[PDB]
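Convention: sequence-line order gives letters A, B, ...; per-chain numbering from 1. The header says X-ray crystallography, 1.6 Å. Just so you know, these numbers use all the heavy atoms, side chains as well, and skip hydrogens, waters and symmetry mates. Note that ligands are numbered from 1 as they come in the structure, with each ligand's atoms numbered from 1 the same way.
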There are 2 protein chains.
Amino acid sequence: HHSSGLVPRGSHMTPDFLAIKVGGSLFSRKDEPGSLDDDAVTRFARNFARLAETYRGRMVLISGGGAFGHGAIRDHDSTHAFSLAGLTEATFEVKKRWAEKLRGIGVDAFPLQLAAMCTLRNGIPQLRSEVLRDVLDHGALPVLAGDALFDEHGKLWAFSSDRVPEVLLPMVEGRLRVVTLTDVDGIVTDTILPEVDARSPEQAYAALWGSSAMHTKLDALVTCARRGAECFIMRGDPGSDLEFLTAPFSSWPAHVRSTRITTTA
Amino acid sequence: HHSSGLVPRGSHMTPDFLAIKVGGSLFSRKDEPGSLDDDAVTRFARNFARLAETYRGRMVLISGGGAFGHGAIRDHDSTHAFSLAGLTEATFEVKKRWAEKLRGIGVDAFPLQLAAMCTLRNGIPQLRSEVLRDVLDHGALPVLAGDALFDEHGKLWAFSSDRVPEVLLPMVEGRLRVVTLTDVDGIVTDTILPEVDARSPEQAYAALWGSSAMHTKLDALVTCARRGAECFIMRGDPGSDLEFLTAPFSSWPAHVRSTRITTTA
Ligand SMILES: Nc1ncnc2c1ncn2[C@@H]1O[C@H](COP(=O)(O)OP(=O)(O)OP(=O)(O)O)[C@@H](O)[C@H]1O
Ligand SMILES: Nc1ncnc2c1ncn2[C@@H]1O[C@H](COP(=O)(O)OP(=O)(O)OP(=O)(O)O)[C@@H](O)[C@H]1O
Ligand SMILES: C[C@@H]1O[C@@H]1P(=O)(O)O
Ligand SMILES: C[C@@H]1O[C@@H]1P(=O)(O)O
């Protein structure tokens, strides 16, 4: 044993930090180039803005790539991994769209290029820039997304927005809550699986085999949960009030449906 | 005295690293929103691509903001320094345009958001991300630009592309050559001032008072020259061959006109 800070955890506890990920399905049609649903962005932004005020300096917003990200990956040449570099430009545009919208309603939203801040080493993302922590400490809202990241051999890899919360794990103090908003109510097994134990999540993986994206979400959120995070897969809706995401899980409204991924506590 | 590596320097010596800055005047009309001269970008890119091959892993390309940067600064609200955040999005677009063009002709060009990598402390830019060095070591071409940078108080400042070479100073080993391509042949005093000693450049500053942008260039290049760099202000032209920028200054073609800023050596 090495010593570390004992962190109180449980469904009774308020999160110290929110990582909110908004799936591309919710504001973009992959098979419509450059599509962004401005109404969806507008409405989500209003709900994200209220979270950001409470979680000032204690939140990130992570955007899915939508048409932009999936186009960049579709149009690259796999014989030259460097052609993936266009993905960094694609996912910058989506971050811009969120940040512009949020600033328009008074949120101090700043887009940050994950590729300028993070690289891969033995497959694990490494935060390599101090700027993310600074931005948070200034009380601003980082707008993040997936990206094309370099590995230690100079090879670019597509790193999904779904995995971005992994990057926060060494940086966040206290209780991290990760919320992945998608176009389904959770992991469907048909019923939702309401609880997954990240120590042994084999039944959640077995459910995706039943129903064939979601694998990547599960992988990322298990990884996060094994490092103490309280993670959720749940349905996004542009107009839905998200104030409950500030609250202890045991206090959530009864109508809310999700898959909750944790280790004991 | 503290010891340090003795670096051979002089007009007889080949540069170890090239920082090439392309002024917005050369490819963009400030007062035409979103203007980018695609032909100018195309032609410059072909000439930059030859430098990047020789200087593989030993060069950065820095873009002026043009219409994009100056629009963002024009349209921000000075009563809320955070509205400058749109400048980061503006100068990302210009980096994208260069990097797309360069990749199209086989250069491993990758845009990097300076704001994600650098902050200001007591007015001095601080490189805060290890990713720039990595990208270079991978043999890629960073595409840089000016940006909105945070200070230590959380205030955003417009940091010109002209100042970006300053950020390289602690990072570059060996002889850095900085080349600022603009729409004039150098500092006009009318004749060009061919040599400026960065230790006491008072006559170059006196010339700008004669002729009223250029002040910022001089400040940045003096700063760089005082830390060993060999710096140039010279006229850019999309079709002009730049191969001479790989060569010792004493070997440059006789037709080339510039203002050279150095300390002794
Ligand atoms: N067991 C499962 N339960 C729920 N969804 C599942 C399951 N297995 C696979 N999925 C699929 O995963 C999808 C969610 O992942 P997906 O990557 O499509 O969404 P997103 O990231 O929100 O948006 P985008 O479509 O732009 O990537 C669901 O729509 C569903 O089709
Ligand atoms: N003594 C001087 N010698 C030469 N140019 C000078 C002098 N004093 C002021 N200048 C001005 O500085 C200009 C170059 O700086 P400027 O910022 O306009 O160019 P740029 O960065 O290349 O492009 P952009 O116009 O988009 O910023 C010249 O066109 C000139 O008008
Ligand atoms: C990184 C690529 O845009 C996709 P995702 O982030 O939605 O998985
Ligand atoms: C940073 C603002 O775009 C301008 P410049 O980089 O051309 O000075």
> Can you remind me what the drug at ligand 3 is called?
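At ligand 3, it's fosfomycin.
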> What's the chief chain around fosfomycin (ligand 3) in this model, going by the PDB entry?
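Most heavy-atom pairs belong to FomA protein.
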> Which other chains does a heavy-atom search at under 4.0 Å around fosfomycin (ligand 3) pick up?
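Other chains in heavy-atom contact: A.
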> Which residues of the other chains approach fosfomycin (ligand 3) to under 4.0 Å (heavy-atom distance)?
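At that heavy-atom cut-off, the residues are A:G64, A:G65, A:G69, A:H70, A:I73, A:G146, A:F159, A:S160, A:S161.
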> Mind telling me which other ligands or ions are less than 4.0 Å from fosfomycin (ligand 3)?
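Closer than 4.0 Å to fosfomycin (ligand 3) is nothing else.
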> Mark up the atoms of fosfomycin (ligand 3) that fall under 4.0 Å of a heavy atom belonging to A:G64, in ascending order.
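Reading through fosfomycin (ligand 3) atom by atom, the close ones are 7 (O).
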> How far is atom 8 (O) of fosfomycin (ligand 3) from its nearest protein heavy atom, and which residue and atom name does that atom have?
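The protein heavy atom lying closest is A:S160 OG, 2.7 Å.
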> Atoms of fosfomycin (ligand 3) less than 4.0 Å from A:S161 heavy atoms?
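Per the distance check, 5 (P), 6 (O), 7 (O), 8 (O).
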> When you measure from atom 4 (C) of fosfomycin (ligand 3) to every protein heavy atom, which one gives the shortest distance, and what is it?
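Among all protein heavy atoms, the one nearest atom 4 (C) of fosfomycin (ligand 3) is A:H70 NE2, 3.6 Å.
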> Please identify which atoms of fosfomycin (ligand 3) are closer than 4.0 Å to at least one heavy atom of A:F159.
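Those of fosfomycin (ligand 3) that fall under 4.0 Å from A:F159 are 1 (C).
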> Looking only at protein heavy atoms, which one is nearest to atom 3 (O) of fosfomycin (ligand 3), and what is the separation?
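Of the protein heavy atoms, A:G65 CA, 3.3 Å lies nearest.
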